[PDB]
Amino acid sequence: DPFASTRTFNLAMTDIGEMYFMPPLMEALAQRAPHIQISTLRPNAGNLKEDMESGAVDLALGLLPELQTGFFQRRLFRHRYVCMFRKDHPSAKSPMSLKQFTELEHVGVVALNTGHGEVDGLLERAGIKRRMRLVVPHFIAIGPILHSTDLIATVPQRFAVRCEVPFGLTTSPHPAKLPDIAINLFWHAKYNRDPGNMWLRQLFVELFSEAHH
Amino acid sequence: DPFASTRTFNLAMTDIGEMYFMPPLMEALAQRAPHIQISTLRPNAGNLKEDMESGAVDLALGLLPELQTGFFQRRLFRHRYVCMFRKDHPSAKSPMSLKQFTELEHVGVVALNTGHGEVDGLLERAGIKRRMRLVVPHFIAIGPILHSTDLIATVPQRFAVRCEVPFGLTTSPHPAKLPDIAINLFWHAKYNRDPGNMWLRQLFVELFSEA
Ligand SMILES: O=C(O)c1ccccc1O
Ligand SMILES: O=C(O)c1ccccc1O
Ligand SMILES: O=C(O)c1ccccc1O
Ligand SMILES: O=C(O)c1ccccc1O
């Protein structure tokens, strides 16, 4: 049944999603359905809405404003933005003050087709105009960049904690008031009742849902 | 007038390019041109050739055979593909044999609009069939994924070497016959004499060219 499938599922997610969702998913699949193949793609890859409609993309994961309307969507968890910097930073402290946040230099991330791109506008509207020497499209490059510079960054908490040891970095709670990050699972009405889709949806829900309350 | 420039330069490069190029560039810029901004994008974002022509993208860095004719270029350095897997993998050995390579499960990297996209085809044509359990679009997530699974991957060596300690990975010379990876810097002829472009190109050559 589930054990036997050799179906390939295609999943849209960010690079954080790849490092976060893939290892436990692979571990679960080796226990439960060891022949299933998984392919990922970034939320910006083509025509996400069209590709979910046609069935080329089975599921989408993340903070995804594109799909806020015509799609089924289930919340997996919430987490916050934190500030991150190298463990031996010459001046950065935790907790970091707004003043210090505005004094330091930043690397920014433009996560295309995600809601993370609201961050710069939200800070700007609060009067926090960062000295941002570098802007990159995506998140994982942030680890090595912070490891070998005095830059700081604003990043999702669940990504940050995964960088602390590998890249020798520390986090601070974020001095600015930023909304919570809702990481959701999305699917198109067409596959609402497809057995294989429901099974993979249920697995994501089981593996990744916040113990709510 | 480098020190006073507030120019934003738009650079096309991979996730590997960002981790490798950006920290020394960041350090040089703080010292020579602290008001310059650098914005990156992937080689696959929009269409590279037109954007370099328009000055939408100033410079491209990486393995980019589509720019190999009709663009200016300088070689920065060369390196090879290697096989990478977690240090305590139950069976994977270094050096890995081609037989073992064909037996183990892989994480593939599709790698669009770079030369790395060709790996699947050189292997497939040579008759080296891989059991591809997981496919991702880009390289940089391979580090965390190998660390926490039993998969193996084929990856650029200079990238692989930066993963070894952070993620507890080992490498092997690659059992298959694969081409060298030439990492070049490219620009369009139109900006050949643009002063800010010349200045930044020359900074990349200074910091990264082994030639
Ligand atoms: O921002 C995301 O896409 C994300 C994905 C998985 C886990 C945490 C995250 O912030
Ligand atoms: O349609 C499938 O191949 C399938 C896959 C996983 C679980 C249940 C299924 O029917
Ligand atoms: O593949 C790349 O684009 C690359 C870039 C910088 C250093 C090593 C690399 O392989
Ligand atoms: O001439 C410019 O516009 C310029 C900009 C940045 C760095 C060096 C430069 O000459």
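Just so it is clear: chains get the letters A, B, ... in the order the sequence lines come, proteins before strands, and each one is counted from 1. Ligands are counted one by one from 1 in listed order, and the atoms in each one are counted from 1 as well.
- Drug at ligand 3: salicylic acid.
- Going by contact count, the macromolecule most engaged with salicylic acid (ligand 3) is what the PDB entry calls lysr-type regulatory protein.
- For salicylic acid (ligand 3), the other chains with a heavy atom below 4.0 Å are labelled B.
- Around salicylic acid (ligand 3), within 4.0 Å by heavy-atom distance, are found B/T14, B/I16, B/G17, B/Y20, B/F21, B/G62, B/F77, B/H79, B/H116, B/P156, B/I183.
- Protein heavy atom closest to atom 3 (O) of salicylic acid (ligand 3), with residue, atom name and distance, is B/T14 OG1, 3.0 Å.
- Nearest protein neighbour of atom 6 (C) of salicylic acid (ligand 3), counting heavy atoms only, is B/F21 CE1, 3.6 Å.
- Annotation: B/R158 places no N or O atom under 3.5 Å from an N or O atom of salicylic acid (ligand 3); distance criterion only.
- Ranking the protein heavy atoms by distance from atom 9 (C) of salicylic acid (ligand 3) puts B/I16 CG2, 3.5 Å first.
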Under 3.5 Å: N or O atoms of salicylic acid (ligand 3) paired with protein N or O:
| from | atom 1 | to | atom 2 | distance (Å) |
| --- | --- | --- | --- | --- |
| salicylic acid (ligand 3) | 1 (O) | B/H116 | NE2 | 2.7 |
| salicylic acid (ligand 3) | 3 (O) | B/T14 | OG1 | 3.0 |
| salicylic acid (ligand 3) | 10 (O) | B/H79 | NE2 | 3.1 |

